[PDB]
Protein chains: 2
Amino acid sequence: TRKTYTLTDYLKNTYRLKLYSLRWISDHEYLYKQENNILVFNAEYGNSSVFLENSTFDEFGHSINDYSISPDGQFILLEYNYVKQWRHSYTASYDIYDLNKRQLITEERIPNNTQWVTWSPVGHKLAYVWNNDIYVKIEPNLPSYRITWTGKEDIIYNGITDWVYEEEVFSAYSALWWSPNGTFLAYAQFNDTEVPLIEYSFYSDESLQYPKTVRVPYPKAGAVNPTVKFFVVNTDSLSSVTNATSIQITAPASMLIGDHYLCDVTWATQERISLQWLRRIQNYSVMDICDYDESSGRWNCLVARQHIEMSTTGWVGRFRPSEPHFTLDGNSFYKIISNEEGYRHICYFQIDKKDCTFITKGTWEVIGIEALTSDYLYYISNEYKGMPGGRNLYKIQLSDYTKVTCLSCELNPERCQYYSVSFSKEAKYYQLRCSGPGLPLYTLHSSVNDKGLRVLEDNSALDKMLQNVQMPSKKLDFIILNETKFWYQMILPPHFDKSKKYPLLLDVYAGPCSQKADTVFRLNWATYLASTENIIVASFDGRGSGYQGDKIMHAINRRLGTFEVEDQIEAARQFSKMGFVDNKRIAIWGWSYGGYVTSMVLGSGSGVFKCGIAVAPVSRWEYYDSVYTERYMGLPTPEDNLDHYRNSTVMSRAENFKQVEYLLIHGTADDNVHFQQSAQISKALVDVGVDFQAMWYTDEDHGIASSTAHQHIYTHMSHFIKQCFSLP
Amino acid sequence: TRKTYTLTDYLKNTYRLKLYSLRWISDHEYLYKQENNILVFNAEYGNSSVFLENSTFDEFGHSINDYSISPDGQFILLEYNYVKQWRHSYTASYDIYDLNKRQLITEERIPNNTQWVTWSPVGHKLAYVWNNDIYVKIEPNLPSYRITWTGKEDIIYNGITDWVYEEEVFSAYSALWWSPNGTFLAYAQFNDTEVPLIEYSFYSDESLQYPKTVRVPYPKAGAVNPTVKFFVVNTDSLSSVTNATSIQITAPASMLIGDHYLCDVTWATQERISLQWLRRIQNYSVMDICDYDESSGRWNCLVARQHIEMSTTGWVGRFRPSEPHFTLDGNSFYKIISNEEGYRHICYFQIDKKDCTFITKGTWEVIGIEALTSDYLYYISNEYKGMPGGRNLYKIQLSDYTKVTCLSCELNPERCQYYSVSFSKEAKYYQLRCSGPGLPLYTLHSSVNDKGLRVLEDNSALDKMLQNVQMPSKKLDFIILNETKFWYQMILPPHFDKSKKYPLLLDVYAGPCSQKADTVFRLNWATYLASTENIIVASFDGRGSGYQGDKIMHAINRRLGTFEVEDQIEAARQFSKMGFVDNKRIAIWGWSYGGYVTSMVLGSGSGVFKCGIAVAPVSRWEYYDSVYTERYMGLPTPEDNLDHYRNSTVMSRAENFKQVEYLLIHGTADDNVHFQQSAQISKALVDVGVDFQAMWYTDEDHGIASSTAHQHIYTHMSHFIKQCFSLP
Ligand SMILES: *[C@@H]1O[C@H](CO)[C@@H](O[C@@H]2O[C@H](CO)[C@@H](O)[C@H](O)[C@H]2NC(C)=O)[C@H](O)[C@H]1NC(C)=O
Ligand SMILES: *[C@@H]1O[C@H](CO)[C@@H](O[C@@H]2O[C@H](CO)[C@@H](O)[C@H](O)[C@H]2NC(C)=O)[C@H](O)[C@H]1NC(C)=O
Ligand SMILES: *[C@@H]1O[C@H](CO)[C@@H](O[C@@H]2O[C@H](CO)[C@@H](O)[C@H](O)[C@H]2NC(C)=O)[C@H](O)[C@H]1NC(C)=O
Ligand SMILES: *[C@@H]1O[C@H](CO)[C@@H](O[C@@H]2O[C@H](CO)[C@@H](O)[C@H](O)[C@H]2NC(C)=O)[C@H](O)[C@H]1NC(C)=O
Ligand SMILES: *[C@@H]1O[C@H](CO)[C@@H](O[C@@H]2O[C@H](CO)[C@@H](O)[C@H](O)[C@H]2NC(C)=O)[C@H](O)[C@H]1NC(C)=O
Ligand SMILES: *[C@@H]1O[C@H](CO)[C@@H](O[C@@H]2O[C@H](CO)[C@@H](O)[C@H](O)[C@H]2NC(C)=O)[C@H](O)[C@H]1NC(C)=O
Ligand SMILES: *[C@@H]1O[C@H](CO)[C@@H](O[C@H]2O[C@H](CO)[C@@H](O)[C@H](O)[C@H]2NC(C)=O)[C@H](O)[C@H]1NC(C)=O
Ligand SMILES: *[C@@H]1O[C@H](CO)[C@@H](O[C@H]2O[C@H](CO)[C@@H](O)[C@H](O)[C@H]2NC(C)=O)[C@H](O)[C@H]1NC(C)=O
Ligand SMILES: *[C@H]1O[C@H](CO)[C@@H](O[C@@H]2O[C@H](CO)[C@@H](O)[C@H](O)[C@H]2NC(C)=O)[C@H](O)[C@H]1NC(C)=O
Ligand SMILES: N[C@@H](CC(=O)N1CCn2c(nnc2C(F)(F)F)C1)Cc1cc(F)c(F)cc1F
Ligand SMILES: N[C@@H](CC(=O)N1CCn2c(nnc2C(F)(F)F)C1)Cc1cc(F)c(F)cc1F
Ligand SMILES: *[C@@H]1O[C@H](CO)[C@@H](O)[C@H](O)[C@H]1NC(C)=O
Ligand SMILES: *[C@@H]1O[C@H](CO)[C@@H](O)[C@H](O)[C@H]1NC(C)=O
Ligand SMILES: *[C@@H]1O[C@H](CO)[C@@H](O)[C@H](O)[C@H]1NC(C)=O
Ligand SMILES: *[C@@H]1O[C@H](CO)[C@@H](O)[C@H](O)[C@H]1NC(C)=O
Ligand SMILES: *[C@@H]1O[C@H](CO)[C@@H](O)[C@H](O)[C@H]1NC(C)=O
Ligand SMILES: *[C@@H]1O[C@H](CO)[C@@H](O)[C@H](O)[C@H]1NC(C)=O
Ligand code: NA
């Protein structure tokens, strides 16, 4: 008989999905690494040529982590000595290789322990951050110009983000932005001087006699936040005799009145930059549009070009105000904003006009704007078939908004319902990436007549292997709760039989603007649980979930740990009533926000769940970071929202855990959700005499992603679930 | 019929063991608390009176934690605001109450956060330590005199010990010693300037937003040790001079050549003090006897009065050099030292003669010297019936060493074999404290004729209760290995049937000079396991154990983690071959040194044990403190014992844990065995892919003794054991 998808298959990646990650280098060619050799492809015909031999660096001496070819293709940046920091940050050493003279540059090399590096968008200038300061190199072999001198570890950050800005605002370590042709280099400077530090132990190798104490500026809810300044420097007028002059662009008065954040930076033209600022109370944001003045050499932001964005029901943007997409001349722009019905759609703005015009509408949402030409704007939305968990590419005619054309919907409706896209330089070509419900499919297309040029990768090899495996199926459907439809998905065991009762595991995340019910194909722990253990793994998107309008998303505003937790209990209650579910064997598990919800659910006293697993959960909002927490909860002060901060903790529900089996897991070096959060949960449970299972992972962070720990946690959780379900 | 001793009975202390804690205030009167009242008893007739009514401090405004009456009975020290620190240390607030004028003193009060306070041995002077400096009050209501000005938190300690001296050398927080009539105050000063700090998080109450980092000067093996200095100040001159001089007494040249410790301070007469020093390599100790020179106001120590104590086979003393007991004139003293045969006996020394005379001998050992009069020396030994696990009080005639009388052996041989004693001020009366094998029994005796005056507490109430419970029985015996006997004890289930096969739990400690096989009566976890779960709980005293001569005790010298581990494994083999043990169900558990032995045993690959529980175990000796570790292991350097230090870790046996079920438990605030020790064990197990169970206890230290955590850990361990033995 055919085998099933086993835990080992998941842990050792027996069945790998093939990808096709290309890098556009112009409007008609892209780079693709094959056999460790970098090839250059012509999009039109599909022909290629070798761009760089894999042997080119046989005696390099170091293991190359990654590479980056300059925009003009004259040089290649080689990254090595990679050392990871937080989610996006890391340091590394770099070397530059001249592709023309086929030589490795040995003079004025980028320093070791460099924190970030980037070529200008055009040409081959380089900007890098080292020791928290910004340096610029006009030529790979020439000495660098020091741009800033205030860089100081854990205090002043120039051109790179501090912990909270990296994690919650920019989702990037870099805080540098080259103007379109590379003339100017804008950058932010963060000051964490008064930000309190989180401290935790790091044990390191067995050989370290005394544990190390890691200390990082981390503002918990309501604590002092870092401050921010924004500068722009002209890199075409740098001197090796005089220090570079950075021009500051100050935030508008409506922002300077109190705490605020810099949340977006987007160049509109060679001499016009837009900046969006957000108040610490995240329901008011301001976009400034500034023009360079050759006369004074300053940047002026006319008030007439200011655009305000606010929310009366919640915060601004999905996680942060959306980015503007400027037209060629920079006189107008398109941006996704919630309309009057609470659905996110594309609005068209005049830079000096207050009112914008919505170009799309309907009870669905635009996920993102992907390309803009003078005749069409391309975007991805979940409009097709009214499925919020599906994604397709559309283009809209800018001269007639009633002319909307779906470009991916009908390519292969049964195999492909969740698309992502990558356009070439001038949107002449685009790569479509289908990630579900069938196996991932990568295709190349031409924009002029939307021709389907060819298939880049169809994963036919994986398809052949999976035919010999008893794979689970996925059901995507919805339930009605108070006239509103909420979607859920179920990973069903092979040969599913509706006349039998299956144990059920509810997989939950449920953070604000999240989506767990979708059409994406995945090979993960749930695949194994369904395929080998015959467990149904369900996920449900309730109030607070995204992509279905603010009525649903903002339902949890100032109220985390309420509706989203109740909705997961309601879903399980519904599921428990279905004929194929064993109501005596229903469990729940989650990681991060999902660990919090799982814990809140288990301590709700609903009596629906037999057991649950919480991995690295938040336990009380006052322990989590300010930017994320305050966005949904406001401030933890008696005059604002302190009462709800105190009523939404896991600890307060400790006694309700007496009737469930609970497994609490957490990495000791978790810099994101501090171990402290689980330490307080266990202490509260010990205090009320409730027994439970626990597991700490020494020196693991929020991902508990090292190879050995990854295998161990899933192995441990599998034994727990099977034991809870009475499975061999 | 007849209930068993359940887990709840143990955790709720339903069967209360009564004791009789009295405080001698003179040669014939003692204080005893009865119904929150403090009574004063006349030893001779047993009649009493109310010394301090319970309603005396009903309006004190604070809960009085403890009290202390001045030697002259004129004042009472009231301790409150008790805040615990390490094993012996704590801070508190104090008030002094005038017993005569029955009035509480309100002027010149002892400061809050006082680290230590002690009355002079005579009268009512007081010496206290506050902010690491010593202060003396001649009168309770008068201002204090500052003795030191160097005190500095975590750096300089005057009159109090640092962490390592408290835990391993003195077993006490105080480092000051009043001379017999209170004229002089001697004290030690510790300097931890270069001692590395152990740092760990303390989460505290849920209300604390950021965890606190606890930092404690703690020397791990081979690290920089604190240095020490000794001083004596004449307190009688305090009111005559502005700043009384603290005369330093320096260690001898033999000690100053390298790192060393001050290990004992004992006043001999009003003007003679003895000090014992120990080299960092703990097999060489020196005792200096110093006399006050009234002409120079200095203290001189004549080399002819110096006594050397060294060891060729191990360290000096059981845990440290033994204390001297001086005759009244201070010209000679008695001290326990191991004889040529390796057994610890009492030796009689002339202060200026190097050769001593042994006054006791035999293949047994003297446990301690309890009292010394002009005619008799009283001591406790395990000579009776050749049982190293028994304890009796003996009296030897100082004028005729052949005249030795056992004062407790035959009092009640069946019920009493483990005695402890408490003599009145001049040894006129003594309280005997029998702690096993039967119920504890407390009695009063007159030394003049060694007649029993009366029974103070016989625990008849508890005996009445226990008759309604199926209690387990205890067996104490030995097995012969290599021609030498090794003792063990077994807690046997009620109605034990040698024809059946019972599951077996080996309870282990096994640290150097320890003893787990004794005649003490206990109501603990094992009582429950044997009584309700019908599990035999055994303990074995193999190589390294104490009170049986140096041949056995010093067998583990420079070799921890070898013979004592092997001997526990062999003990299990010998037990299984007794015929009433189920070879398929043998477990092992231990706390502290016992956790290390348990882990080493489970990782030996012996195949003898099915499962095991290690609580707060040591995992690698370089992580534990210098004083304890180096005493047995020497220094972790290539020139000394590094190889054995690297060969005796739990981590190197990770792979073998694949053969057993392991539960690892550790308190996160353990200042003694750092959580780091279990953090490295779990990491090594994850790295080799071994599954196991774990449990951390938030903010608990090495004793995991808070009421809720105590109940939770034993409940957790009971489930693990029951599951391992298939005991639903
Ligand atoms: C990038 O754009 C900048 C700004 O438009 C160009 O710089 C200007 O060039 C003109 C000459 O054509 C000068 O008169 C201006 O003074 C320059 N402005 C500044 C701020 O320097 C620059 O030449 C462009 N670079 C490229 C490669 O096209
Ligand atoms: C942004 O949200 C805040 C807080 O929800 C709003 O400010 C006030 O908040 C307090 C409670 O924190 C309420 O009592 C007030 O009624 C709220 N409004 C005002 C004007 O004080 C604020 O209004 C929101 N901003 C926008 C544009 O909706
Ligand atoms: C215990 O009783 C004795 C004797 O009854 C008390 O000691 C004193 O004994 C002498 C002679 O017997 C009497 O003259 C005294 O009057 C007794 N003292 C007192 C204070 O009355 C002794 O006081 C009693 N001890 C206690 C603690 O109550
Ligand atoms: C405690 O020991 C430290 C040495 O570890 C002493 O500190 C040194 O003192 C000398 C003399 O004043 C200075 O020159 C050095 O710079 C100090 N070294 C360090 C590391 O601080 C200190 O004096 C001792 N304290 C006492 C009260 O004895
Ligand atoms: C009492 O005497 C001691 C010892 O001389 C004084 O302590 C010295 O104080 C000076 C000045 O502050 C320091 O330079 C020395 O290092 C200290 N030595 C010691 C051993 O502490 C103390 O200051 C005197 N107290 C008063 C009130 O004069
Ligand atoms: C406590 O002992 C001390 C030390 O022997 C006594 O002080 C000595 O007293 C004699 C008088 O007999 C003097 O000659 C010495 O000068 C004192 N020496 C010192 C260092 O002070 C003291 O008298 C004794 N206390 C009591 C109450 O007897
Ligand atoms: C892809 O194929 C085209 C042929 O259509 C290649 O030809 C172009 O470039 C050649 C050299 O790069 C020239 O010799 C040809 O004249 C030119 N032809 C046309 C019609 O432009 C092209 O180079 C190939 N591209 C790659 C990446 O191999
Ligand atoms: C970073 O922000 C700090 C916080 O305001 C600035 O420091 C100011 O406040 C300090 C106390 O926190 C004081 O020492 C000074 O009055 C003041 N300036 C300095 C240098 O401390 C600090 O200047 C800012 N640094 C930069 C580079 O912007
Ligand atoms: C950054 O550090 C590297 C590594 O030390 C330096 O490169 C050389 O590394 C070799 C070992 O591979 C050493 O023997 C050399 O001493 C290092 N220095 C040199 C000049 O070769 C590198 O030089 C450092 N980079 C910078 C910009 O200082
Ligand atoms: N810290 C959160 C970050 C996040 O949700 N993304 C980062 C910011 N972001 C996202 N999507 N867009 C953006 C950005 F545009 F703002 F960058 C999602 C994730 C997160 C939430 C928790 F409750 C928790 F316990 C842990 C945790 F890691
Ligand atoms: N640190 C040890 C202290 C001790 O064993 N007593 C303290 C010193 N002592 C004793 N008996 N007499 C003395 C003294 F006289 F030296 F004070 C025993 C105990 C101990 C040993 C370990 F291996 C461990 F992992 C933890 C632990 F707490
Ligand atoms: C590229 O290099 C790899 C080794 O890194 C080698 O196995 C492969 O054959 C090379 N590819 C080609 C096309 O030569
Ligand atoms: C540039 O500024 C730094 C720091 O302010 C200063 O030390 C350096 O000398 C300056 N260089 C020049 C050329 O002015
Ligand atoms: C509507 O349904 C929601 C949950 O979907 C529930 O909380 C609410 O009480 C219901 N009634 C109204 C008026 O919203
Ligand atoms: C003393 O106080 C206790 C309270 O613990 C009370 O029960 C007892 O009766 C009191 N006895 C006297 C003599 O005051
Ligand atoms: C101790 O502290 C308390 C509370 O702060 C204060 O009321 C009292 O006066 C202090 N006592 C002394 C002796 O300083
Ligand atoms: C003391 O111990 C050291 C270390 O083993 C040893 O070399 C030395 O000879 C010992 N001294 C004596 C007297 O045994
Ligand atoms: Na095609």
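Every chain is numbered from 1, with letters handed out A, B, ... down the list of sequences. In each ligand, atom 1 is the first atom listed, and ligand 1 is the first ligand listed. Header entry for method reads X-ray crystallography, 2.1 Å.
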Q: Identify the macromolecule bound to ligand 11 in this structure with the most contacts, using its name in the PDB entry.
A: Dipeptidyl peptidase IV
Q: State which drug is located at ligand 11.
A: sitagliptin
Q: Tell me which other chains have a heavy atom under 4.0 Å from sitagliptin (ligand 11).
A: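 Chains with a heavy atom under 4.0 Å: B.
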Q: Which residues make up the contact shell of sitagliptin (ligand 11) at 4.0 Å, heavy atoms only?
A: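 Using heavy atoms under 4.0 Å, it comprises B:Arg87, B:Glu167, B:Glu168, B:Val169, B:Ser171, B:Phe319, B:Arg320, B:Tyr509, B:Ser592, B:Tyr593, B:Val618, B:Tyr624, B:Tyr628, B:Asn672, B:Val673, B:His702.
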Q: At what distance is the nearest protein heavy atom to atom 19 (C) of sitagliptin (ligand 11), and which residue and atom is it?
A: B:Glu167 OE2, 3.7 Å
Q: Any protein heavy-atom neighbour for atom 15 (F) of sitagliptin (ligand 11) (distance below 4.0 angstrom)?
A: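 Yes; the ligand atom in question has protein heavy-atom contact below 4.0 Å.
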Q: Report yes if some N/O of B:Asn672 lies less than 3.5 Å from some N/O of sitagliptin (ligand 11); otherwise report no.
A: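 N/O-N/O distance under 3.5 Å: no.
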Q: Do any nitrogen or oxygen atoms of B:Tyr593 come within less than 3.5 Å of a nitrogen or oxygen of sitagliptin (ligand 11)?
A: no
Q: Which protein non-hydrogen atom lies closest to atom 11 (N) of sitagliptin (ligand 11), naming both residue and atom, and how far is it?
A: B:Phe319 CD1, 3.4 Å
Q: Write out the residue and atom name of the closest protein heavy atom to atom 17 (F) of sitagliptin (ligand 11), then the distance separating them to 0.1 Å.
A: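 Here the closest protein heavy atom is B:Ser171 OG, 2.9 Å.
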Q: Could you identify the single nearest non-hydrogen protein atom to atom 26 (C) of sitagliptin (ligand 11) and state the distance to 0.1 Å?
A: B:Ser592 OG, 2.9 Å
Q: Which residue from the UniProt active-site annotation for chain B is closest to sitagliptin (ligand 11), and what is the minimum heavy-atom distance to 1 Å?
A: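 Going by UniProt active-site residues and heavy atoms, it's B:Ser592, 3 Å.
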